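What follows is a short report on a single structure.
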Amino acid sequence: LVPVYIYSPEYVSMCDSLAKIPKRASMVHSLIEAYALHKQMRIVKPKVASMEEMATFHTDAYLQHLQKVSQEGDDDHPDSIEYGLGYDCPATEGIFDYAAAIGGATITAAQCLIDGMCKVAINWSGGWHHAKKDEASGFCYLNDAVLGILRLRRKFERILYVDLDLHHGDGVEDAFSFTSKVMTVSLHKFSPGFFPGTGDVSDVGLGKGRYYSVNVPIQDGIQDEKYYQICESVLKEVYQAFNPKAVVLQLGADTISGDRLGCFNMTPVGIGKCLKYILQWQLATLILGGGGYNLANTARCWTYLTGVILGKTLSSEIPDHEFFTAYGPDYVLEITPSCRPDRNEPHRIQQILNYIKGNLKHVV
Ligand SMILES: Cn1cc(CNCC2CCN(c3ncc(C(=O)NO)cn3)CC2)c2ccccc21
Ligand SMILES: [K+]
Ligand SMILES: [K+]
Ligand SMILES: [Zn+2]
């Protein structure tokens, strides 16, 4: 019953080097350990993914290119245009090893779930949901969520992927767009000019996977109570129509008030309610992180959610620890949203929910 916590010092040290989130993995782990939450979990060292494990989704040519430019960080290689490596996804030195470690961490969590070691396994440094089988994308060099789902498919016949990141989980949706055995549900900002431009409510999958992809397009300024209302309404229909046997849950914290992107107006309490609704299904659940560019707020969010997973209530006072000064000026766990307009007109929200309920009729 005790949740598995994927962690090692080597793993955190590698994840700390990712370009857009310097030291975020150490902050997340350090805050969790300062609340002593790791003492209530089964700590599991992640294995590094092998080439053949990564190739269950990614092409050998992509992985070999990534490995080659990773050796010295060749960010000027003429073939990188083939593979999505460039301004947004630079060929950092060591990026292949970091990708292999994150992929391996998510696979390890999936393996713990299928071995019955736990009902909940956590890889807070995972959630690289934009990566494609032969292209890096949106800071994602390897799609560890896809690798996790594929591992879970060795044992579980139907997997539900739920993506609460601010951005559409397009890489995961694409990987499974043509199958009814994996259903993807993404709540995300959908607006002209907002990356990656996909995931309208009319995108429902393709072929035999038609109606087994679900997209909930949301506008700026949504807050906890309406977001949870939307999420519960969709997930309730999904659970009834699809009958999942296992769940992969991406919890990117770029929805949280105070993020540099400043789109949604969420607090960890609202995401926590979504998490609780999924946990009460009592299915094997693989928990991933993702985006989150206010480093201290992301650590606030995921520490709180770790608390939710353990059924614990955490003290408001941020405990003294290595990154204590990042939590100023108030040094508390809670995040106060700002007072700004919610651009989600309730009639449009009901149109979207009705559309989705109609789509899920076609599902058995
Ligand atoms: C496909 N496509 C490509 C572009 C080019 N610019 C996009 C950059 C990509 C890189 N980037 C980016 N990546 C990941 C995240 C994240 O948190 N993902 O969960 C956030 N930000 C900034 C925006 C683009 C812009 C708008 C709409 C679609 C478009
Ligand atoms: K999302
Ligand atoms: K699908
Ligand atoms: Zn994001």
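Numbers here simply count residues along the sequence, with the first being 1. For this deposited structure, the header notes the method as X-ray crystallography, 2.1 Å. The analysis underlying the following values was restricted to heavy atoms, covering all of them including side chains, and did not include hydrogens, waters or symmetry mates. For ligands, and for the atoms within them, numbers begin at 1 and follow the listed sequence.
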Recorded drug name at ligand 1
quisinostat
What is quisinostat bound to in this structure, taking the chain with the most contacts and naming it as in UniProt?
Histone deacetylase 8
Non-hydrogen atoms of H129 versus quisinostat: any pair closer than 4.0 Å?
yes
Side chain or backbone of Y293 under 4.0 Å from quisinostat, or both, or neither, by non-hydrogen atoms?
side chain
Taking the minimum heavy-atom distance to atom 14 (C) of quisinostat, which of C140, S191, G127, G138 ranks first?
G138
Could you check which UniProt divalent metal cation-binding residues of chain A come within less than 4.0 Å of quisinostat, heavy atoms only?
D165, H167, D254
Where, taxonomically, does chain A originate according to the PDB?
Homo sapiens
Ligand and ion contacts of quisinostat below 4.0 Å
ligand 4 (zinc ion)
Considering distance alone, does some N or O of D254 sit under 3.5 Å from an N or O of quisinostat?
yes
Of the residues in chain A that UniProt says bind substrate, which have any non-hydrogen atom under 4.0 Å from quisinostat?
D88, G138, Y293
Can a non-hydrogen atom of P196 be found less than 4.0 Å from any atom of quisinostat?
yes
Could you tell which UniProt active-site residue in chain A is nearest to quisinostat and give the heavy-atom distance to 1 Å?
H130, 3 Å
Give a yes/no verdict on whether any heavy atom in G193 is under 4.0 Å from an atom of quisinostat.
yes
Can you list, by chain and number, the residues with heavy atoms within 4.0 Å of quisinostat?
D88, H129, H130, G138, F139, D165, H167, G193, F194, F195, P196, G197, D254, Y293
Could you check quisinostat for N or O atoms lying under 3.5 Å from protein N or O atoms and list the pairs with distances?
unit_1      : atom_1 : unit_2 : atom_2 : d
quisinostat : 17 (O) : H167   : ND1    : 3.0
quisinostat : 17 (O) : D254   : OD2    : 3.0
quisinostat : 17 (O) : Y293   : OH     : 2.7
quisinostat : 18 (N) : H130   : NE2    : 2.7
quisinostat : 18 (N) : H167   : ND1    : 3.2
quisinostat : 19 (O) : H129   : NE2    : 2.8
quisinostat : 19 (O) : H130   : NE2    : 3.1
quisinostat : 19 (O) : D165   : OD1    : 3.0
quisinostat : 19 (O) : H167   : ND1    : 3.2

